[PDB]
There are 2 protein chains.
Amino acid sequence: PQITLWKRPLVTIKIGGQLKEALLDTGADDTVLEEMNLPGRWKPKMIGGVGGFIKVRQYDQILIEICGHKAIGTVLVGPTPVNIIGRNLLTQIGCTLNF
Amino acid sequence: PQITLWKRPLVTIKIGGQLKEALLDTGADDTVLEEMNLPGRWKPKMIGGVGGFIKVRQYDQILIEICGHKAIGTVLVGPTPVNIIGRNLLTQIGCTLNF
Ligand SMILES: CC(C)CN(C[C@@H](O)[C@H](Cc1ccccc1)NC(=O)O[C@H]1CO[C@H]2OCC[C@H]21)S(=O)(=O)c1ccc(N)cc1
């Protein structure tokens, strides 16, 4: 599909057997999701943006379905104000910017 | 053009007669640029990102050219980690997400 940018590009995602709303974010290197209890091992990480840094938990090879498009890769989990789908998964669903 | 997301979507912008590099950021409501001298009045504002809130100078009705496409809109100037082009300007240049 084509998504205009009049409003936040929020879409439904499926991760760990749960449906969530997440931002399709070309400005995010990696996907970061609001705090959630994912099983498995993880590695601590810090990501920086407007306002400074937050501490997140990096999970690898996590399966996410974005608008029926399946993807698998790194998913960060931490105190983000919004669920964010980053370029690491946007490339996997064939997402492009167009103007 | 069509821009894939294997790398950061960085583009050259022109603002205040000066060239700069900026990130096309569909996850940003607003456009935030690093510290710079701009003409015209400005009002102090607050903006929040993943790590908290920062103080910025708000410039309205500023001409800014993004990859040869002209826009006139609000530009926030402050201690952002990187120049980000947000939806307020992405819409003006006719930018959409496609997959
Ligand atoms: C600032 C960017 C270079 C990086 N950010 C992605 C960006 O799209 C955030 C993503 C974002 C969106 C909402 C809330 C927090 C973070 N948007 C943002 O900061 O925009 C601000 C200016 O316009 C306003 O609208 C949103 C917040 C303001 S980030 O959230 O900090 C980030 C950094 C690293 C990763 N792996 C994932 C995300």
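Chain letters run A, B, ... following the sequence lines, proteins first, then strands; residues in each count from 1. FYI, side chains are in, hydrogens and waters are out, and symmetry mates aren't considered; it's all heavy atoms of this structure. In each ligand, atom 1 is the first atom listed, and ligand 1 is the first ligand listed. Structure method, as recorded: X-ray crystallography, 2.0 Å.
Here the macromolecule with the greatest number of atom pairs within 4.5 Å of ligand 1 is listed in the PDB entry as Protease. As PDB records put it, the drug at ligand 1 is darunavir. Other chains in heavy-atom range of darunavir (under 4.0 Å): A, B. Residue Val82(B) touches darunavir through its side chain alone, judged by heavy-atom distances below 4.0 Å. Under 4.0 angstrom from darunavir, the non-hydrogen atoms of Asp30(B) come from both its backbone and its side chain. Across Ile47(A), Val56(B), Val56(A), heavy-atom proximity to atom 34 (C) of darunavir is greatest for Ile47(A).
At least one N or O atom of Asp25(A) sits closer than 3.5 Å to an N or O atom of darunavir. For a threshold of 3.5 Å applied to N or O pairs, the pair formed by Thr31(A) and darunavir contains no separation below that value. If you look at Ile84(A) next to darunavir, the close heavy atoms, those under 4.0 Å, all belong to the side chain. Closest heavy-atom approach to atom 28 (C) of darunavir within the set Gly27(A), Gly48(B), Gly51(A), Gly48(A): this belongs to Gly48(B). Atom 14 (C) of darunavir has as its closest protein heavy atom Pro81(A) CG, 3.7 Å. The entry gives the source of chain B as Human immunodeficiency virus 1.
Darunavir is never approached by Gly86(A) to a heavy-atom distance shorter than 4.0 Å. With a 4.0 Å heavy-atom cut-off, darunavir is reached by the backbone of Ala28(B) and by its side chain too. When hydrogens are left out, the protein atom nearest atom 30 (O) of darunavir is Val50(B) CB, 3.5 Å; that is the closest non-hydrogen contact.
The contact residues of darunavir, taking heavy atoms under 4.0 Å, are given as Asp25(A), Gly27(A), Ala28(A), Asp30(A), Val32(A), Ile47(A), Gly48(A), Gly49(A), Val50(A), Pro81(A), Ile84(A), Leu23(B), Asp25(B), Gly27(B), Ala28(B), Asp29(B), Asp30(B), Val32(B), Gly48(B), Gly49(B), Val50(B), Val82(B).
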